[PDB]
2 protein chains.
Amino acid sequence: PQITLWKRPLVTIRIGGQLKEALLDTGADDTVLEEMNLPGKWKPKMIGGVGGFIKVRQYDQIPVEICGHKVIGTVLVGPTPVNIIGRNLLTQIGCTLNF
Amino acid sequence: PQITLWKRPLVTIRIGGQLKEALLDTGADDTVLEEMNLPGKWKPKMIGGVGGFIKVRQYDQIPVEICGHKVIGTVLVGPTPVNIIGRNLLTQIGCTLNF
Ligand SMILES: COC(=O)N[C@H](C(=O)N[C@@H](Cc1ccccc1)[C@@H](O)CN(Cc1ccc(-c2ccccn2)cc1)NC(=O)[C@@H](NC(=O)OC)C(C)(C)C)C(C)(C)C
């Protein structure tokens, strides 16, 4: 698809049994999801945005379905205002900015 | 051009004679520049990112040059860690997210 930017670029994603809305974010290095109890090992990290830092849990090698595209990578979980799909997963779906 | 997302989509912008590096950010409603002086009236605004809110100064109808494209719109100035080009100006350059 070709997504214009008059509205927030929100899509539905699937992570295990859970459907969520998430923002396609070219200004995010990383994918950050709202609080959820994913399986397996995690590492505590801090990530920075506008307004300062938040503490997140880093889970590696997590399958996520984004608009029917299957990706597998790193997901951070923490007190983000919105679910954010960052470049680490945008690159796995083949996303580019065009103008 | 087409910009891949392997690295941060940083581009050079020109504003009022000044060169700046800025991030093309589909996850930003607004364009927000690091602290700088601009002419004309402004008013305070609070904008929220992942780590909370910052207070910025809102300037309307500011011309910006982004990758050869002349745009005019609202620019927020304040304590952002990075210059951000948000959807208000991305729409003016006709940017789409493609995958
Ligand atoms: C290298 O660090 C990052 O990549 N940081 C990312 C990040 O914060 N990205 C910012 C751009 C950025 C990059 C580097 C340093 C600082 C900031 C944005 O891509 C995503 N972010 C994601 C975001 C989106 C919505 C909201 C929000 C806020 C209030 C109410 C509803 N939503 C908060 C954060 N958007 C905003 O913060 C924007 N906020 C905004 O559009 O609010 C409507 C601003 C910018 C206009 C302030 C994450 C923490 C998401 C990984």
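Sequence lines set the chain letters: A, B, ... in the order given, protein chains first and strands last, and positions in each chain run from 1. Order of appearance sets the numbers: ligands from 1, and atoms from 1 within every ligand. Values reported hereafter were calculated over all heavy atoms of this structure, with side chains retained and with hydrogens, waters and symmetry mates removed.
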Original post:
What drug do the PDB records list at ligand 1?
Top reply: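 You're looking at atazanavir.
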**OP:** Specify the chief binding partner of atazanavir in this model, using its name in the PDB entry.
**Re:**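 The chain with the most contacts is HIV-1 protease.
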Original post:
Counting non-hydrogen atoms only, which other chains lie under 4.0 Å from atazanavir?
Top reply: A, B
Original post:
Which residues lie close to atazanavir, i.e. with a heavy atom under 4.0 Å?
Top reply: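 Non-hydrogen contacts come from A:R8, A:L23, A:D25, A:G27, A:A28, A:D29, A:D30, A:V32, A:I47, A:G48, A:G49, A:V50, A:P81, A:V82, A:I84, B:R8, B:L23, B:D25, B:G27, B:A28, B:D29, B:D30, B:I47, B:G48, B:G49, B:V50, B:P81, B:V82, B:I84.
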Subject >> Heteroatom proximity flag, B:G27 to atazanavir, N/O under 3.5 Å >> reply: yes
**OP:** Tell me which protein heavy atom sits closest to atom 19 (O) of atazanavir, plus the residue, atom name and distance to 0.1 Å.
**Re:**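 It is B:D25 OD2, 2.5 Å.
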Subject >> atom 30 (C) of atazanavir within contact range, any protein heavy atom under 4.0 Å >> reply: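 No, because not a single protein heavy atom sits under 4.0 Å from atom 30 (C) of atazanavir.
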Original post:
What is the listed source organism of chain B in the PDB?
Top reply: Hiv-1 m:b_arv2/sf2
**OP:** Give a yes or no on whether atom 34 (C) of atazanavir lies under 4.0 Å from any heavy atom of the protein.
**Re:**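 Yes.
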